[PDB]
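In this structure, methotrexate is found bound to Bifunctional dihydrofolate reductase-thymidylate synthase.
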Amino acid sequence: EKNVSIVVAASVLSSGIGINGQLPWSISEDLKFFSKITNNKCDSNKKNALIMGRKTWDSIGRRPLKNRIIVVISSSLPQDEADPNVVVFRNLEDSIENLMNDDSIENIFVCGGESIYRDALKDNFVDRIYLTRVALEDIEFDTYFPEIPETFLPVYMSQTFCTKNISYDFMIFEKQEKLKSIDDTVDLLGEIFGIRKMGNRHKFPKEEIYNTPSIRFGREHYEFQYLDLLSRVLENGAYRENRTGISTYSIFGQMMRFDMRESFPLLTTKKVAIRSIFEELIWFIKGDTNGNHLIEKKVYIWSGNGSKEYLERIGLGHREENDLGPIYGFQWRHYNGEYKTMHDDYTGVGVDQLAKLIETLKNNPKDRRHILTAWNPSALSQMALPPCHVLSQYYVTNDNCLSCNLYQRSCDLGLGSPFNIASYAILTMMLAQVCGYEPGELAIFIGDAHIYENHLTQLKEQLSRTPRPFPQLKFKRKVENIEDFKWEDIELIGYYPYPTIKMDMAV
Amino acid sequence: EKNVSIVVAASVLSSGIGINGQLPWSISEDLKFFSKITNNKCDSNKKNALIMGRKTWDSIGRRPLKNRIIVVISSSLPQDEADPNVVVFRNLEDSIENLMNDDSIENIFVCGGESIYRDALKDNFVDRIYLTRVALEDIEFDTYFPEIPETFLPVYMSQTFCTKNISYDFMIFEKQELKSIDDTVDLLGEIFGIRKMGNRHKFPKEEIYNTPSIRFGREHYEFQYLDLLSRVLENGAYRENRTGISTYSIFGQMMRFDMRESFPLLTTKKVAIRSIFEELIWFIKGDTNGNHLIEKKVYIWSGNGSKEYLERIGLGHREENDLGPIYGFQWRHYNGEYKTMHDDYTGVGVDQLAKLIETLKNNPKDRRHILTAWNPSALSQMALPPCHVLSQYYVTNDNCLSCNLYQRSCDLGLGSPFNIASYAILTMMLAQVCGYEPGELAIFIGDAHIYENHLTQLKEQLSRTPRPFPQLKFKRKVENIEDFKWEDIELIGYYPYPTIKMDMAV
Ligand SMILES: NC(=O)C1=CN([C@@H]2O[C@H](COP(=O)(O)OP(=O)(O)OC[C@H]3O[C@@H](n4cnc5c(N)ncnc54)[C@H](OP(=O)(O)O)[C@@H]3O)[C@@H](O)[C@H]2O)C=CC1
Ligand SMILES: NC(=O)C1=CN([C@@H]2O[C@H](COP(=O)(O)OP(=O)(O)OC[C@H]3O[C@@H](n4cnc5c(N)ncnc54)[C@H](OP(=O)(O)O)[C@@H]3O)[C@@H](O)[C@H]2O)C=CC1
Ligand SMILES: Nc1nc2[nH]cc(Cc3ccc(C(=O)Nc4cc(C(=O)O)ccc4CC(=O)O)cc3)c2c(=O)[nH]1
Ligand SMILES: Nc1nc2[nH]cc(Cc3ccc(C(=O)Nc4cc(C(=O)O)ccc4CC(=O)O)cc3)c2c(=O)[nH]1
Ligand SMILES: CN(Cc1cnc2nc(N)nc(N)c2n1)c1ccc(C(=O)N[C@@H](CCC(=O)O)C(=O)O)cc1
Ligand SMILES: CN(Cc1cnc2nc(N)nc(N)c2n1)c1ccc(C(=O)N[C@@H](CCC(=O)O)C(=O)O)cc1
Ligand SMILES: O=c1[nH]c(=O)n([C@H]2C[C@H](O)[C@@H](COP(=O)(O)O)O2)cc1F
Ligand SMILES: O=c1[nH]c(=O)n([C@H]2C[C@H](O)[C@@H](COP(=O)(O)O)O2)cc1F
């Protein structure tokens, strides 16, 4: 008995693997993965066997692979014994003569197109699947990878990588069949001390609220940094009241990291309105607090906090309909500026923090003070809503990459959080291009991480969806000033999300 | 064959376990731990055997323990067969008749004082040690727990618990004698070099990992700081800064601390707790006069407040130690027109700390309890921009006050141990004035760095296995938060390692 694994690279939705006798793409890093995963062995005096079909054998030029024995399944190829690195069998069952015989073969790999993939799964020969999901779906396929049967469970999902603006990840599927004393001692201490033991205040989420719970040790995909935060809130969130009529389940002190070098952290478990995120971000940068400029561009996310009824409730009945007051983008461009109304001209007033940030980022990159704040206690009472994303710090690595850290005092995990993840990712990328750097990492530190109680059935639905590789975000042109970005200048490549989920905002 | 474990509660330094035929302390949670750890079994038709010496058998009243069979080692006690829950053997060697025979016993526990402990380790009978370190050392002991032999390695260290202002933790010692996922991740790390984010956050090597045998049981929250040191030494990029001393820096790190059952004061190094407090009360009082700290023998702000340093950053018009509007001037007089350190600022600016205290008790579930120090209109007037920039506070449902701090730049050698204790005390002060209890402390860090002249020092600190945190209690209740004094603070059970000298980069 030995191991039999499948190596395959299929598209993310339709699981396409080929077209016209060749691959639908050209990803060199994926081929290197095929090389290292099929050459990985222990016994130096043994080799691995790679089973493939005839049409696949033709697609690789009918030439052997170094240090590996290729097994071709064909009904016509002559069983020539001249080449010891290439052997031909008449059927897939007989080809698996390496389990009970031929001790020179250590591991077995299946990689031979739809015919061999489907027959290897139907006849129950495969123990493990190495899947490379490619984010390409509006192209033509003629051979597909069969749907993974229910007997397999995912145990690993890598981060999203990029090659020629093509997103792809790497997954491992295992076939289900059926320290030791440290966990017991911790459980006993949790019975003695109830809430006195901090571990009992941060309980690990139950399987029923854990997204794809079979992936236990391989939660590398950074969308899990958000999905696992939802699970931790559903498990430990305290039922609390707030200024709105809608209570939340809240915990305090959480973080989540995202990579921006090889992907863009736009959630795939739900179709996120990327256009509204951008139009809000450019709305901040331009220094604008007029809420009508977003409604004029069909962006209604700031309508609730800018109605005549809401403004009179918080004591701002003297303002216009959508006069949100000095908020994000007024502390960015005119910090400590005497705010009047949304119609006045504030050019030159206040401290232009964003400009000083951009100028400092290229003139002194290793400076430890690249900070953009929005918490002005002298102007909180004039704001329609105090800042949620309060403070952000920026950092230039040695390889000329721009990372970003954000502190968020209050995080609506249902609506605001997916917006804040993408918004500050775009902002860092904008700052990276204007300063001549590359995107780095994104860390978001959260204070009051909460779920509104009317989002429970929606967020539980979102947790039932296994994530997909992140898309790519590229800029079409180089701008001279950061205020010059437009929505047409943004290209979103390879975004194949799950259907959108409607959730109401608590005003 | 079955398992043989030792259960013991010894003091933190001298490993004392008894005095005059009784325990040196009275910790009820420790007895429950002994109860649950000796009753833990699988087979319902089997019992666990507790081996003890005669003097220990007398100390527990010579009465049996429920659901367990007690084995007494004595040379005089009669081998009475009347009680089946109490059996007597003449020596510890003969007593181990439960391993290869007598299948009714599942697990074996040794817990019988110094005489049995020392012979159980000398004759090499013990597979595991359950140690309860108690932070009591200036009392009298007469029986000690023998030094743990080198064949045992720690595999678990719990958080610090508190009982009657007594700190104690729980450790597990073991005697040294997925599958395909780790390989696939390594291969991806060879294909993509620094393109894979995992390679930018490499796990620290064993040579720089504090107590590396504790792999799955790093519960003690001092590891939240020691492991941050390890991550910097592994991935820190050599970078220059405004000082002449370069650092190894990483970006985006955090560490949590408990304040309910302990106080996060580092034990791997004797931290100057008095200087931390006098600086914190100096902030609360709204003071920027750097002489008031030197008058109280606190020299931490001397480097950033000298005539030479102030002229260099363009503040030569200030007095010697006039640090300018810094911490405690943005707390009490935010956006206030700063003049000098001698002027009267009563009533000017926005008093954030006062508004914070009033909001914490009048509206605890409010999500806006924020105390900021980053004022871009006054950065040029400051002798040093704020490192601990923003802090947020949170009132739990059980009336506990937690704290979140964002720190833009963190000197892990000097500033970090100060910032951990400083914001812990501040949260406790806010908790008493508002009528709550201390909760949790989370510190989010931007530029977490180590100065290159701290390398041999911090590597020395990583060689020390941590000890349970001390306790911090206030002797009296104050009416206003500014009224705290150093005499009002009682530090209980602080037994740290010797201090480590490190120079500050000006
Ligand atoms: N993305 C990826 O990971 C991979 C993609 N591909 C792509 O898939 C395409 C090729 O795959 P595909 O079209 O399905 O053809 P196959 O690679 O599956 O090969 C099929 C051939 O194998 C022989 N064969 C298959 N089944 C049997 C059987 N039950 N008994 C005897 N002989 C059998 C036959 O050869 P004969 O004519 O001699 O009878 C048959 O024509 C290409 O585009 C290729 O690039 C291929 C491998 C991997
Ligand atoms: N903190 C903790 O976890 C614990 C603390 N303790 C404390 O320790 C103290 C008691 O320990 P200690 O003073 O060392 O006494 P012991 O509990 O170790 O008991 C010793 C007695 O056991 C018998 N005995 C010991 N060794 C042998 C041997 N090799 N052969 C035959 N008989 C033997 C002898 O009794 P005999 O005279 O009959 O021959 C001896 O006097 C108490 O204060 C107790 O409270 C005890 C247990 C746990
Ligand atoms: N309580 C509270 N008050 C707040 N005031 C201001 C904000 C910011 C904000 C306000 C509204 C939204 C919003 O509707 N988003 C949205 C989310 C999803 C989804 O992600 O499922 C899908 C579609 C949309 C709308 C669209 O279609 O564009 C997002 C962000 C805010 C908040 O989030 N919560
Ligand atoms: N670069 C830089 N600039 C900064 N400006 C202001 C600070 C705050 C600060 C300034 C100085 C210290 C300091 O000397 N601490 C200290 C540490 C140990 C030890 O823990 O081994 C032992 C003794 C002491 C002194 C004592 O004896 O009290 C601590 C904190 C700061 C900084 O830390 N770094
Ligand atoms: C059967 N086949 C089609 C093909 C293409 N991409 C895939 N990608 C994946 N993830 N899995 C597969 N089974 C797979 N198969 C192959 C097999 C080997 C090579 C190949 O050229 N292998 C060289 C790769 C050289 C390299 O660039 O380092 C090797 O050393 O094995 C190409 C296509
Ligand atoms: C031998 N001995 C001394 C003693 C005291 N503290 C210790 N503490 C530790 N960590 N380990 C020991 N071996 C230990 N031994 C004992 C043993 C049992 C009880 C005892 O009363 N046990 C009850 C405890 C009841 C409880 O409070 O729940 C039980 O159910 O086991 C007291 C002292
Ligand atoms: O960017 C935002 N992110 C966010 O999470 N919220 C949510 C958090 C919370 O539900 C509400 C803020 O109300 P409060 O100040 O009371 O926490 O808005 C709002 C934003 F504008
Ligand atoms: O409370 C403090 N914590 C801290 O870590 N520093 C260190 C961080 C850094 O080593 C230096 C500030 O230099 P910079 O302004 O370049 O960050 O002070 C200073 C404090 F006052």
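Chain lettering follows the listing: the opening sequence line is A, and each later line takes the next letter. Numbering of chain A is taken from the PDB entry, so the residues present carry the numbers 3-180, 193-521, in order. By the numbers in the PDB entry, the shown part of chain B spans 3-179, 193-521. Start at 1 and go down the list; that is how both ligands and their atoms are numbered. Just so it is clear, the values below take in all heavy atoms, side chains as well, and ignore hydrogens, waters and symmetry mates.
Put simply, copies of methotrexate show up as ligands 5 and 6.
In contact with methotrexate (ligand 5) at heavy-atom distances under 4.0 Å, by letter: A. In this structure, residues within 4.0 Å of methotrexate (ligand 5) (heavy atoms) are A:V9, A:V10, A:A11, A:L25, A:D32, A:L33, A:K34, A:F36, A:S37, A:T58, A:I62, A:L67, A:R70, A:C113, A:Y119, A:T134. Entry annotation: chain A, source organism Cryptosporidium hominis.
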